[PDB]
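Structure of interest - contains benzylpenicillin (bound form).
Here, residue 1 is the first one in the sequence, and each next residue gets the next number. When a ligand or atom number is given, it counts from 1 through the structure's own listing order. Just so it is clear, the values below take in all heavy atoms, side chains as well, and ignore hydrogens, waters and symmetry mates.
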Amino acid sequence: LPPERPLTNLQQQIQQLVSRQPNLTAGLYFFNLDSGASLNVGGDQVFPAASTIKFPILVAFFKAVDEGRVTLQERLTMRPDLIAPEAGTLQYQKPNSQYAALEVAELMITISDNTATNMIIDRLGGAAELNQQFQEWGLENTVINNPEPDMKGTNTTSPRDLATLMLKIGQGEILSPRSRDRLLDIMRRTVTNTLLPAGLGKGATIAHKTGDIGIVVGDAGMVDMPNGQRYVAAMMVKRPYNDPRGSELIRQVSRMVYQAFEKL
Ligand SMILES: *C(=O)[C@@H](NC(=O)Cc1ccccc1)[C@@H]1N[C@@H](C(=O)O)C(C)(C)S1
């Protein structure tokens, strides 16, 4: 893998673009796997994770499957204490009904199901257990403090953390080949493609996971371009509740970076 090589020009334009937006606080990290071209604009800063933390939790899930601690077909119970509002379909089912572990893990990601997330976190031994695993993978600022939906934003991550975990997964670390490919398939079938994917050119693919708690919006993943290049991408923006400028800034930066990598 080539050395990290900042595109100093393009970084400056992106910083100029974020810093002229008053009530927005942005952090982002991008890395090109072929050139080593990198972009870091507040990429190491800590943010409320919102639902972006569901990506690290999915990694933890498949790690457990790899290690024989969890099975894809075992039945998980939707206990009252795990039922959660906001995004998800499980919450409308009978309390104490049960679901295949894999089905639950998929819902956590595809539709950001918060009940499903709580079920997985609990099954994997709880937040502390997961936090330790995140630390082991090098995720310095990725921490579960509260169950989902965690609308207050107590759960933390960083753009570098999200992008770096994805780099690792993309390069075949952490997870087995079978679990990796399952994870990427799930992460290509999310229903929210309004952020990073909205700035990509025709024929690009992206495995990613968005997060939105109104006061914070973000997205992270891995992009394959039609030209053959691959890069990882993560951006988080603090905003006034549901400010459409926050989501638009992510598009804009996504577009800027995609086009720069087309030209080079
Ligand atoms: C993760 O942050 C999730 N958000 C919620 O559960 C609360 C919420 C609040 C206001 C609007 C929508 C949701 C789910 N994941 C985000 C995301 O993936 O960006 C959704 C908008 C899909 S809800």
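- In the deposited model, most contacts to benzylpenicillin (bound form) involve the chain that the PDB entry calls TLL2115 protein.
- For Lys209, the closest heavy-atom approach to benzylpenicillin (bound form) falls below 4.0 Å.
- Numbered from 1 in the order shown, with element, the atoms of benzylpenicillin (bound form) that lie under 4.0 Å from a heavy atom of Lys54 read 1 (C), 3 (C).
- Ligand-side atoms of benzylpenicillin (bound form) in range of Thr192: 22 (C), range being under 4.0 angstrom from any heavy atom.
- The deposited model shows a covalent link between benzylpenicillin (bound form) and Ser51 OG.
- Residue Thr210 touches benzylpenicillin (bound form) through backbone and side chain together, judged by heavy-atom distances below 4.0 Å.
- The distance from benzylpenicillin (bound form) to the heavy atoms of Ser51 drops below 4.0 Å at these ligand atoms: 1 (C), 2 (O), 3 (C), 4 (N), 14 (C), 15 (N).
- Atom 20 (C) of benzylpenicillin (bound form) is not flagged as protein-proximal [any protein heavy atom, distance under 4.0 Å].
- At a 4.0 Å heavy-atom cut-off, benzylpenicillin (bound form) touches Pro149 through the side chain alone.
- From the protein, the heavy atom lying nearest to atom 15 (N) of benzylpenicillin (bound form) is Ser112 OG, 2.7 Å.
- Protein heavy atoms are absent from the space less than 4.0 angstrom from atom 11 (C) of benzylpenicillin (bound form).
- The proximity of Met151 to benzylpenicillin (bound form), defined as any non-hydrogen pair under 4.0 Å, is limited to the side chain.
- Contacts between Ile111 and benzylpenicillin (bound form), counted as non-hydrogen atom pairs separated by less than 4.0 Å, are absent for every part of the residue.
- Residue contact annotation: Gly214 has no non-hydrogen atom under 4.0 Å from benzylpenicillin (bound form).
- Around benzylpenicillin (bound form), within 4.0 Å by heavy-atom distance, are found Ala50, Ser51, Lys54, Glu86, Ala87, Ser112, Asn114, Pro149, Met151, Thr192, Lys209, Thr210, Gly211, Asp212, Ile213, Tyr241.
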Polar pairs, benzylpenicillin (bound form) vs protein, N/O only, below 3.5 Å.
{"residue": "benzylpenicillin (bound form)", "atom": "2 (O)", "partner": "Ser51", "partner atom": "N", "Å": "2.8"}
{"residue": "benzylpenicillin (bound form)", "atom": "2 (O)", "partner": "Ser51", "partner atom": "OG", "Å": "2.3"}
{"residue": "benzylpenicillin (bound form)", "atom": "2 (O)", "partner": "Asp212", "partner atom": "N", "Å": "3.3"}
{"residue": "benzylpenicillin (bound form)", "atom": "2 (O)", "partner": "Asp212", "partner atom": "O", "Å": "3.1"}
{"residue": "benzylpenicillin (bound form)", "atom": "4 (N)", "partner": "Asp212", "partner atom": "O", "Å": "3.0"}
{"residue": "benzylpenicillin (bound form)", "atom": "6 (O)", "partner": "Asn114", "partner atom": "ND2", "Å": "2.8"}
{"residue": "benzylpenicillin (bound form)", "atom": "15 (N)", "partner": "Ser51", "partner atom": "OG", "Å": "3.1"}
{"residue": "benzylpenicillin (bound form)", "atom": "15 (N)", "partner": "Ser112", "partner atom": "OG", "Å": "2.7"}
{"residue": "benzylpenicillin (bound form)", "atom": "18 (O)", "partner": "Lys209", "partner atom": "NZ", "Å": "3.0"}
{"residue": "benzylpenicillin (bound form)", "atom": "18 (O)", "partner": "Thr210", "partner atom": "O", "Å": "3.0"}
{"residue": "benzylpenicillin (bound form)", "atom": "18 (O)", "partner": "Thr210", "partner atom": "OG1", "Å": "2.3"}
{"residue": "benzylpenicillin (bound form)", "atom": "19 (O)", "partner": "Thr210", "partner atom": "OG1", "Å": "3.0"}
{"residue": "benzylpenicillin (bound form)", "atom": "19 (O)", "partner": "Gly211", "partner atom": "N", "Å": "3.2"}
{"residue": "benzylpenicillin (bound form)", "atom": "19 (O)", "partner": "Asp212", "partner atom": "N", "Å": "3.2"}

